[PDB]
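Below is Integrase with pirmitegravir bound.
Letters A, B, ... label the chains, following the sequence lines from first to last. Numbering, chain A: per the PDB entry, residues 57-140, 149-211 in sequence. Sequence positions for chain B are given in the PDB entry numbering; the residues included correspond to 57-144, 149-211, in order. We're sticking with the PDB entry numbering for chain C, so the shown stretch reads 221-277, in order. Quick note: numbers on chain D are straight from the PDB entry, i.e. 222-279, in order. When a ligand or atom number is given, it counts from 1 through the structure's own listing order.
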Amino acid sequence: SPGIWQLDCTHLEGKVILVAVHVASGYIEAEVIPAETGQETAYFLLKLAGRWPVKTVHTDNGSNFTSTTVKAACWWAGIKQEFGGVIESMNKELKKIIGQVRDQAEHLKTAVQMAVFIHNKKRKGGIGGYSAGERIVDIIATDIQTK
Amino acid sequence: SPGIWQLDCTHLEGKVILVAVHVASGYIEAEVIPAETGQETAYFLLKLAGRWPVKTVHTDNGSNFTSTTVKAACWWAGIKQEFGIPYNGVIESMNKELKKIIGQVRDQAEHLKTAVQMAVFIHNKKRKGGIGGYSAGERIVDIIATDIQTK
Amino acid sequence: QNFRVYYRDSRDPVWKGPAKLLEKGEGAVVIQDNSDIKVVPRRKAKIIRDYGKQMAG
Amino acid sequence: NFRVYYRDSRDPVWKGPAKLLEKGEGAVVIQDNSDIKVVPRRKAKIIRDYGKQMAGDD
Ligand SMILES: Cc1nc2c(c(C)c(C)n2Cc2cnn(C)c2)c(-c2ccc(Cl)cc2)c1[C@H](OC(C)(C)C)C(=O)O
Ligand SMILES: Cc1nc2c(c(C)c(C)n2Cc2cnn(C)c2)c(-c2ccc(Cl)cc2)c1[C@H](OC(C)(C)C)C(=O)O
Ligand SMILES: [Mg+2]
Ligand SMILES: [Mg+2]
């Protein structure tokens, strides 16, 4: 549960955005990639797995996610792949924020990182509200203590 | 204190590696950037600030770190910049171990940027002292988690 | 204050800033950099808000 | 502990993951879907779970 991620590709302004969502927290990481290829997807995964404890990734049957480069990265990093709606709901919120801040950036990739920033740090409103960035840190912290 | 980061640029095989180290934990984030410019540094910073609480960045007076693009990114993300005093290294301690791991796994990757991300992986998961110790990735999570509980 | 402007003067390619915003017109931006009023085309002006700071804490 | 990816002769599509059987001086013996092949060391990318060994969790 602490290491379950959903990955998918979305498209804006002719560019390819690779999105990773931590399922249990809603925390997201996203970046424009130069092409929707397995080579770029694998490099994305190696970065992600070196920063968060990635144990399982859920993707569709896209060619980039079934590539030999991605399967090798998952073998090297110890990631289990699963090709069987949190990402769609969270990505709809990412597209919402990208449109909010689009005029603040020249390049789309800059707006994407601005939107990722806002998404992960925006606290929930009421009593005891926390952000997605705070939720994933808490989830990983408690899993480490229960060694 | 939990949001203190040190950033510096290092070079390998003719390429520019931008390194960010979380001071309180030794957790590092590194990536090959196409040029040692403020434009690439600023994009690196916005990515980092969206992932971790980055409140203060310690850098030297390199042109990329003193650039207008970097200062604009810190103003947008609310990051305080702390440039070093000219004429004079905690990042060097972790950067020395970074180059050591890059050389250990360099043959495992065709591109240097892949070897760099492999080294970041191993550095952040390596338990300090031994199997009975903790890693940099666990230390930064513990530091941030307990800091969240304060407020 | 929440706005900081970066701009280019003349054909000097290096960007100057931060300057204070006064009005973002259609094809021109009015700024003041250290008691010096300047009128810069919208193309040569980049306005940066502390938007991420206002959405974090 | 070891997986190998390879290309057959004059075939640009990479094959794998193949199960490594033995490693020679400049060649490896691997098994891809119950088919055993001998691929040169030049056209072979050998990937071990090096990162998985430094990460103890499942
Ligand atoms: C393309 C770009 N050029 C910029 C700036 C700024 C402030 C200046 C003056 N310039 C001109 C320039 C180019 N080199 N130098 C030395 C000066 C920014 C920017 C916009 C918003 C934030 Cl918070 C931070 C930076 C960007 C952004 O791209 C990244 C990848 C982020 C750099 C973008 O997409 O708008
Ligand atoms: C350049 C490269 N090509 C690779 C692989 C693999 C396994 C194959 C078969 N190929 C040929 C290929 C290229 N596209 N496709 C569709 C097949 C890897 C690799 C090496 C180690 C790990 Cl753990 C993971 C991937 C890389 C690495 O680069 C990244 C950026 C990581 C992809 C690198 O730098 O070695
Ligand atoms: Mg898809
Ligand atoms: Mg330096």
Structural location of pirmitegravir, copies included:
ligands 1 and 2
Tell me which other chains have a heavy atom under 4.0 Å from pirmitegravir (ligand 2).
A, B, D
Which of the pirmitegravir (ligand 2) atoms, numbered from 1, are nearer than 4.0 Å to a heavy atom of B:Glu170
33 (C), 34 (O), 35 (O)
Within the 4.0 Å heavy-atom shell around B:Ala169, which atoms of pirmitegravir (ligand 2) are there?
35 (O)
Atom indices of pirmitegravir (ligand 2), in the order listed, that fall short of 4.0 Å to a heavy atom of B:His171
1 (C), 28 (O), 33 (C), 34 (O)
Under 4.0 Å, heavy-atom basis, I'd like to know which part of D:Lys266 is in contact with pirmitegravir (ligand 2): side chain, backbone, both or neither.
side chain
Can you help me find the covalent attachment of pirmitegravir (ligand 2)? I need the residue and the atom.
none
Output yes when a protein non-hydrogen atom is found under 4.0 Å of atom 26 (C) of pirmitegravir (ligand 2), and no otherwise.
no
Please list other ligands or ions within less than 4.0 Å of pirmitegravir (ligand 2).
none
Of the residues in chain A that UniProt says bind Mg(2+), which have any non-hydrogen atom under 4.0 Å from pirmitegravir (ligand 2)?
none
Below 4.0 Å from any atom of pirmitegravir (ligand 2), is there a heavy atom belonging to A:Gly94?
no
Going by the atom numbers of pirmitegravir (ligand 2), which of them fall below 4.0 Å from some non-hydrogen atom of B:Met178?
21 (C), 23 (Cl)
According to the deposit information, what organism does chain A derive from?
Human immunodeficiency virus 1
Protein non-hydrogen atom found under 4.0 Å from atom 20 (C) of pirmitegravir (ligand 2):
no
Would you please determine whether B:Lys173 falls within less than 4.0 Å of pirmitegravir (ligand 2) on a heavy-atom basis?
no
For A:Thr124, atoms of pirmitegravir (ligand 2) separated by under 4.0 Å from a heavy atom:
9 (C), 17 (C)
To which UniProt domain do the majority of residues of chain A contacting pirmitegravir (ligand 2) belong?
Integrase catalytic
Provide the number and element of each atom of pirmitegravir (ligand 2) under 4.0 Å from a heavy atom of A:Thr125.
4 (C), 5 (C), 6 (C), 8 (C), 10 (N), 12 (C), 13 (C), 14 (N), 15 (N), 17 (C), 24 (C), 25 (C)
Around pirmitegravir (ligand 2), which residues have heavy atoms within 4.0 Å?
A:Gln95, A:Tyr99, A:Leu102, A:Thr124, A:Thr125, A:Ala128, A:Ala129, A:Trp132, B:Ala169, B:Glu170, B:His171, B:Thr174, B:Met178, D:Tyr226, D:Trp235, D:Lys266, D:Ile268
